[PDB]
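Within every chain, numbering begins at 1; the chains are lettered A, B, ... in the order of the sequence lines, protein sequences first and strands thereafter. Whatever order the structure lists ligands and atoms in, that order sets their numbers, starting from 1.
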Protein chains: 2
Amino acid sequence: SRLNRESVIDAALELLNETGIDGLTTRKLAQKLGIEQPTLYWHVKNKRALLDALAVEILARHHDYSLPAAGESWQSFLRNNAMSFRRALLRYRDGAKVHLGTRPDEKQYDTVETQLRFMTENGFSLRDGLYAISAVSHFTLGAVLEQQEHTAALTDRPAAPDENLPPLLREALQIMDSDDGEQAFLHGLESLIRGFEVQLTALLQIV
Amino acid sequence: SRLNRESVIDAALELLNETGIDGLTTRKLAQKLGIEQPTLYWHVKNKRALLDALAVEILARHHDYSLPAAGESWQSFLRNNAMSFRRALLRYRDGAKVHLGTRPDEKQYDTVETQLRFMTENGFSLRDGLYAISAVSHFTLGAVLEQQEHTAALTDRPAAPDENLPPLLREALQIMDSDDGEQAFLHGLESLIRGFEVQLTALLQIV
Ligand SMILES: CN(C)[C@@H]1C(O)=C(C(N)=O)C(=O)[C@@]2(O)C(O)=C3C(=O)c4c(O)cccc4[C@@](C)(O)[C@H]3[C@H](O)[C@@H]12
Ligand SMILES: CN(C)[C@@H]1C(O)=C(C(N)=O)C(=O)[C@@]2(O)C(O)=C3C(=O)c4c(O)cccc4[C@@](C)(O)[C@H]3[C@H](O)[C@@H]12
Ligand SMILES: [Cl-]
Ligand SMILES: [Cl-]
Ligand SMILES: [Cl-]
Ligand SMILES: [Cl-]
Ligand SMILES: [Cl-]
Ligand SMILES: [Cl-]
Ligand SMILES: [Mg+2]
Ligand SMILES: [Mg+2]
């Protein structure tokens, strides 16, 4: 089929979503595209470069809340941004995984520069604003990956017996099995944001 | 070589550390152990079960701060525990990755029940204590994985040019390249803990 960049990335994203990073091989990508491997190689040579492109594409498609509304508080922006980031990463198998360790792409520079400047306009130093952004990002990535991977491993095996569990752990596992992860995510997100705030508002005060 | 459980797990952990989850194959594990694949299969059949065992072993070996000191505050316990968890996960290639989505093993029940009870003795409901524990865990996992994966991909390719970057992003990348991730981790950890505290101390007050 067609092998422009958009279509190669579209096929790789479809494949990722089917069988994850491990199934994103030259043979399988070549097969989905109905081409031979040396044909594929002309268009994409390097798995990390493909993964990097997929990480960028996932957010282009489904990360809706990348910039603050006019007059929006930093707290509200980080909340809305985090929910959006989470939703985008949950949209594909291994979506969070593809993101890990990437750095912003040139297609994202204007957006992420605006995010950083926005933080600094709300009183953060660049460094403290980056710490807040990194913490929200890391929290969100971790939450998504644990959610995704746990669900994936139900398929590779049953959990365990209910029998030998101690009681608080038994209830905690019930609490966790009763939701997809969003409730715990939202709770932790607020705790994170409030701690950033206490830190920002302290200035040079002991806090 | 010897194929008791301890030795199979020891070889799989060595292999994980060399080439990660992708290199942890039956051929490669069989090779490290100097055995044939059907020999290996008698001892370990299921990759997820092996990964699960490795996630448990990593913490047994190197997660030193799994329980509170007598009289230790919950805040201090979560801080010390998180630093320890992070150090244990950083100790092997893909260590954080192997952890993702696991649930506590029976060998860990007494310890993790104690952690949960400890939280509830310090005023958290089981659910809110679990939210705090999950948030700290998710934050820590995300931070470690981003650190590890970024470093891994320097080897698969150079980053980019310095030229076209906007200025705040340029400085932010300098800030990040100047540390391994520990400074941002510690800062975010304190923000997290303080937000848990504001939440706990509020009780039924609007906060
Ligand atoms: C989740 N959210 C907080 C951000 C975000 O919404 C975006 C995005 N493209 O809209 C990121 O790229 C964002 O998710 C993200 O991935 C970022 C980073 O990776 C990052 C980095 O690794 C080094 C320097 C700067 C950054 C940033 C500023 O681009 C962040 C960025 O703020 C993150
Ligand atoms: C990092 N730290 C906060 C904890 C920890 O130090 C340990 C450990 N074995 O010492 C966990 O297993 C710990 O890291 C960890 O992984 C936990 C969980 O995965 C978990 C879970 O998935 C479902 C229910 C309960 C749990 C817990 C309580 O076992 C947590 C546990 O509190 C986490
Ligand atoms: Cl074409
Ligand atoms: Cl789509
Ligand atoms: Cl607002
Ligand atoms: Cl033996
Ligand atoms: Cl060791
Ligand atoms: Cl203390
Ligand atoms: Mg990122
Ligand atoms: Mg866990």
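Most heavy-atom contacts to ligand 1 in this structure come from the chain listed in the PDB entry as tetracycline repressor protein class D.
According to the PDB, the drug at ligand 1 is oxytetracycline. The heavy-atom neighbours of oxytetracycline (ligand 1) at a 4.0 Å cut-off, by chain: A, B.
Under a 4.0 Å criterion applied to the non-hydrogen atoms of B:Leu169, oxytetracycline (ligand 1) contributes the atoms 24 (C), 25 (C). Taking any N or O of B:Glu146, backbone or side chain, none lies under 3.5 Å from an N or O belonging to oxytetracycline (ligand 1).
Near oxytetracycline (ligand 1) (under 4.0 Å), the structure shows the other ligands and ions ligand 9 (magnesium ion).
Counting atoms of oxytetracycline (ligand 1) from 1 in the listed order, those under 4.0 Å from a heavy atom of B:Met176 are 22 (O), 23 (C), 24 (C). As stated in the entry, the source of chain A is Escherichia coli. The shortest heavy-atom distance from A:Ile133 to oxytetracycline (ligand 1) is under 4.0 Å.
When distances from atom 13 (C) of oxytetracycline (ligand 1) to the protein are checked, no heavy atom turns up under 4.0 Å.
Distance remark: protein heavy atom not present below 4.0 angstrom from atom 17 (C) of oxytetracycline (ligand 1). At the heavy-atom level, UniProt-annotated Mg(2+) binders of chain A within 4.0 Å of oxytetracycline (ligand 1) are as follows: A:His99.
Looking at the UniProt tetracycline-binding residues of chain A, I find a heavy atom under 4.0 Å from oxytetracycline (ligand 1) for A:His63, A:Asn81. For oxytetracycline (ligand 1) and A:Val112, the ligand atoms under 4.0 Å from any heavy atom of the residue are 9 (N), 12 (O), 28 (C), 29 (O).
On a distance-only criterion, A:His99 and oxytetracycline (ligand 1) share at least one N/O pair closer than 3.5 Å.
The residues of other chains having a heavy atom under 4.0 Å from oxytetracycline (ligand 1) are listed as A:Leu59, A:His63, A:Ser66, A:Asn81, A:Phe85, A:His99, A:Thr102, A:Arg103, A:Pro104, A:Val112, A:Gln115, A:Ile133, A:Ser137, B:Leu169, B:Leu173, B:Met176.
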Please produce the table of protein N or O atoms sitting under 3.5 Å from N or O atoms belonging to oxytetracycline (ligand 1), one pair a line, distance to 0.1 Å.
{"unit_1": "oxytetracycline (ligand 1)", "atom_1": "2 (N)", "unit_2": "A:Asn81", "atom_2": "OD1", "d": "2.7"}
{"unit_1": "oxytetracycline (ligand 1)", "atom_1": "6 (O)", "unit_2": "A:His63", "atom_2": "NE2", "d": "2.8"}
{"unit_1": "oxytetracycline (ligand 1)", "atom_1": "6 (O)", "unit_2": "A:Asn81", "atom_2": "OD1", "d": "3.3"}
{"unit_1": "oxytetracycline (ligand 1)", "atom_1": "6 (O)", "unit_2": "A:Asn81", "atom_2": "ND2", "d": "2.8"}
{"unit_1": "oxytetracycline (ligand 1)", "atom_1": "6 (O)", "unit_2": "A:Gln115", "atom_2": "NE2", "d": "3.2"}
{"unit_1": "oxytetracycline (ligand 1)", "atom_1": "10 (O)", "unit_2": "A:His63", "atom_2": "NE2", "d": "3.0"}
{"unit_1": "oxytetracycline (ligand 1)", "atom_1": "10 (O)", "unit_2": "A:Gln115", "atom_2": "NE2", "d": "3.1"}
{"unit_1": "oxytetracycline (ligand 1)", "atom_1": "16 (O)", "unit_2": "A:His99", "atom_2": "NE2", "d": "3.0"}
{"unit_1": "oxytetracycline (ligand 1)", "atom_1": "32 (O)", "unit_2": "A:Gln115", "atom_2": "OE1", "d": "2.8"}

